[PDB]
Novice: 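The structure that follows is given in the form of structure tokens.
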2 protein chains.
Amino acid sequence: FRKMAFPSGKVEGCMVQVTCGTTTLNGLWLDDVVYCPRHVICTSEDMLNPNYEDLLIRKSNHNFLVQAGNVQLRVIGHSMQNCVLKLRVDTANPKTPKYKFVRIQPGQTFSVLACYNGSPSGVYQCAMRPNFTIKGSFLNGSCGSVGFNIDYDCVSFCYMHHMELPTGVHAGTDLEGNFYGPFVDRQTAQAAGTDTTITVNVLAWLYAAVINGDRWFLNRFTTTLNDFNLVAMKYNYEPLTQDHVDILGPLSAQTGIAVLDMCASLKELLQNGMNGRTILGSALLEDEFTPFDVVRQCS
Amino acid sequence: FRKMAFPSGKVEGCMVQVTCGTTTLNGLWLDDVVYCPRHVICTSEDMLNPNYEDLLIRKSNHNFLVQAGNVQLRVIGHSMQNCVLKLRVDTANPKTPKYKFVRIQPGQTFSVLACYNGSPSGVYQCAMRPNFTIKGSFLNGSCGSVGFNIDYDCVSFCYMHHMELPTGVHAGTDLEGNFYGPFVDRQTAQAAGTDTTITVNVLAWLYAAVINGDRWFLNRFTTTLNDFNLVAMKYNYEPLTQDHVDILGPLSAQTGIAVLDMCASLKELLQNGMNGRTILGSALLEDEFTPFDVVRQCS
Ligand SMILES: *[C@@](O)(CO)[C@H](C[C@@H]1CCNC1=O)NC(=O)[C@H](CC(C)C)NC(=O)c1cc2c(OC)cccc2[nH]1
Ligand SMILES: *[C@@](O)(CO)[C@H](C[C@@H]1CCNC1=O)NC(=O)[C@H](CC(C)C)NC(=O)c1cc2c(OC)cccc2[nH]1
């Protein structure tokens, strides 16, 4: 198994660049609106402690340079929604895919299309950590790059890139401008909360192992969900939600291993370790594959 | 620092479905030619030992059903180049990018666009192993998926997918239809030569780790090129040439770490193990980033 991104073409056709003064970043052109991080309106000095409502009043439509390639799109309106700017343009993007804006939960994976000056550069899979950071690869100029999943040609946009933490992980918003995690779009050193292991994804990994005949860790025990969650937290694992239990349903049906039976197997792994053995060839338990990712790659 | 694929949009617009009888796979549509694996002409019985020229002479243009999305393309002629079939169609692909066919060297990387029934499914980075396999993710119906690099809007196609070895690694051809490695397009269980580790890539990856702020594996020792190669060959690593040393020049200049100093670090990692520590999140030495991959991503 390996990290597989979605084909990026439907998103590539939506990337533009947005410039205010000398500040340039990326934007997302869907129908006749361009979405981008609101800090494009900031001068490099104003980012240190910005007042976005006051900064935005000083701006007019003609202050915004939106370019598809080197072709300018005329801006006819502007508004701010949380930390994203919405620029109405006079052309509906003919490459707009079927799309949705969704806000994901920790553990969910998505593809990131890293972009610079409106030009796509590369694509890779990320997982939203429980501390609401992602382990990306982003340089200067990457803000406004988006993350997405594609289901039956419908693109669900879930991430817009804003910041690199001092630890080198990355933080951002959904496409309604609401940050994931406790971060703010100011030029300031911010720290995420201590991270945890994504339990639902580790369980997905164990199901993947079972699907492939690697099942030594299956045990004779079961557990209640509450009992499991209390043990999980003492090993820095996330507690399971009812939604986690339900997204494991398909894999549980496919293998015949009840979710709570797999929880009891993981619990034993947590208290006694792998004892020198491997699962799917690895000595480490992987927590960046969702149940959907496993089904995607196994079936 | 992440395994990063090229944006796949320019290739997505070229993927089609090719069907001959009950056999279907993917094809690559460029200008007015569709390229696909020639075993699409084989029935299940033919595939055990196909005499391809004999089988192709018996097919007509209308035996080939080519579908692009929903629209059917009419085949107006066909020729065979080694293991690749070239179907001339009566419509030019309007989305054909600037492109080239290239045969890549062992150790080089490329992006794979995995496709099923002519529809792109996922994108990820692969390296051509020294034993001329690739460690990919391909399921039933993935034949004809292609591997590629992109440089300033020009797509260099280097791989077309044909088979999965019993070990789970993958084998295929260049776009001239010549296999990488000693493999043959027949339905038999085929073994590869013993694989070795791409030494220059491991070194590039260690430099990537240093550029990203990890230095724990460095040491105060040096080695000569030949003494390093002696230990490298002992551990089934490929020899490091003076060309490799020169290619690593920029990464050494960026970090101020002499190439042979980093060879001494790798020598220690090989002789001492990693001791449960990790480099860029990996518990194993990674050899599928080239020096260019590191430079392109880190800057
Ligand atoms: C954008 O592209 C801005 O348009 C940029 C993306 C990062 C640059 C390097 N890698 C990236 O991911 N984002 C920023 O520069 C943001 C801008 C804010 C949200 C207005 N700032 C940071 O990410 C940032 C600031 C500071 C900092 O200060 C002082 C100290 C430490 C870390 C840090 N990150
Ligand atoms: C294609 O898609 C065929 O159109 C298919 C791709 C593989 C299927 C599973 N994963 C893949 O990557 N390729 C094949 O099925 C090829 C067909 C050849 C080129 C005619 N065959 C194999 O990959 C193959 C055959 C055998 C085998 O026999 C007997 C025994 C063991 C392994 C094996 N692999």
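Chains get letters A, B, ... in whatever order the sequence lines come in. Shown for chain A, in order and in the PDB entry numbering: 3-301. Numbers in chain B track the PDB entry; the residues on display, in order, are 3-301. Header entry for method reads X-ray crystallography, 1.7 Å. Indexing begins at 1, ligand by ligand and atom by atom, following the structure's order.
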Novice: Drug name at ligand 2?
Specialist: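 The PDB calls it PF-00835231 (bound form).
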Novice: State which chain has the largest number of heavy-atom pairs within 4.5 Å of PF-00835231 (bound form, ligand 2), named as in the PDB entry.
Specialist: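 It is most in contact with 3C-like proteinase nsp5.
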Novice: Are any other chains within heavy-atom reach of PF-00835231 (bound form, ligand 2) at under 4.0 Å, and if so which?
Specialist: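 Heavy-atom neighbours of PF-00835231 (bound form, ligand 2): B.
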Novice: Working on a figure here: which residues of other chains come under 4.0 Å of PF-00835231 (bound form, ligand 2) (heavy-atom distance)?
Specialist: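 On a heavy-atom basis, the binding site is B:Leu27, B:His41, B:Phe140, B:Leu141, B:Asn142, B:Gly143, B:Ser144, B:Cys145, B:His163, B:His164, B:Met165, B:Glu166, B:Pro168, B:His172, B:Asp187, B:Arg188, B:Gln189, B:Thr190, B:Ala191.
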Novice: Show which atoms of PF-00835231 (bound form, ligand 2) fall inside a sub-4.0 Å distance from at least one heavy-atom site of B:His172.
Specialist: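 With B:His172 as reference, the close atoms of PF-00835231 (bound form, ligand 2) come out as 12 (O).
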Novice: Where, by residue and atom, does the entry place a covalent bond to PF-00835231 (bound form, ligand 2)?
Specialist: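 The covalent bond goes to B:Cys145 SG.
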Novice: Near B:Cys145, which atoms of PF-00835231 (bound form, ligand 2) are under 4.0 Å from a heavy atom of that residue?
Specialist: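 Contacts of PF-00835231 (bound form, ligand 2) toward B:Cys145, numbered from 1: 1 (C), 2 (O), 3 (C), 4 (O), 5 (C), 6 (C), 13 (N).
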Novice: What is the listed source organism of chain B in the PDB?
Specialist: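 Per the PDB, it's Severe acute respiratory syndrome coronavirus 2.
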Novice: Would you say PF-00835231 (bound form, ligand 2) has an N or O under 3.5 Å from any N or O of B:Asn142?
Specialist: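 Such a contact does not occur with PF-00835231 (bound form, ligand 2).
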Novice: Could you tell me whether B:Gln189 and PF-00835231 (bound form, ligand 2) have an N or O pair separated by under 3.5 Å?
Specialist: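 It does: an N or O of B:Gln189 is found under 3.5 Å from an N or O of PF-00835231 (bound form, ligand 2).
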Novice: Is the closest N or O pair between B:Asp187 and PF-00835231 (bound form, ligand 2) shorter than 3.5 Å?
Specialist: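 Not met; the criterion fails.
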Novice: Which UniProt domain of chain B gets most of the contacts from PF-00835231 (bound form, ligand 2)?
Specialist: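 That would be UniProt domain Peptidase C30.
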Novice: Measured between non-hydrogen atoms, which UniProt active-site residue of chain B is closest to PF-00835231 (bound form, ligand 2), and how many Å apart, rounded to a whole number?
Specialist: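 The UniProt active-site residue closest by heavy-atom distance comes out as B:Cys145, 2 Å.
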Novice: Would you mind listing which atoms of PF-00835231 (bound form, ligand 2) come within a distance below 4.0 Å of any non-hydrogen atom of B:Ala191?
Specialist: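 Selected atoms, number and element: 27 (C), 28 (O), 30 (C), 31 (C).
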Novice: Using a 3.5 Å cut-off on N or O atoms only, is B:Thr26 in polar contact with PF-00835231 (bound form, ligand 2)?
Specialist: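 Between B:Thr26 and PF-00835231 (bound form, ligand 2) (N or O atoms, distance only) the closest approach is not under 3.5 Å.
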Novice: So for PF-00835231 (bound form, ligand 2), is B:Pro168 a polar contact partner (N or O within less than 3.5 Å, distance only)?
Specialist: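 Between B:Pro168 and PF-00835231 (bound form, ligand 2) (N or O atoms, distance only) the closest approach is not under 3.5 Å.
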Novice: Identify, by atom number and element, the atoms of PF-00835231 (bound form, ligand 2) in contact range of B:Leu27, meaning under 4.0 Å from any of its heavy atoms.
Specialist: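 Near B:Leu27, the atoms of PF-00835231 (bound form, ligand 2) are 4 (O).
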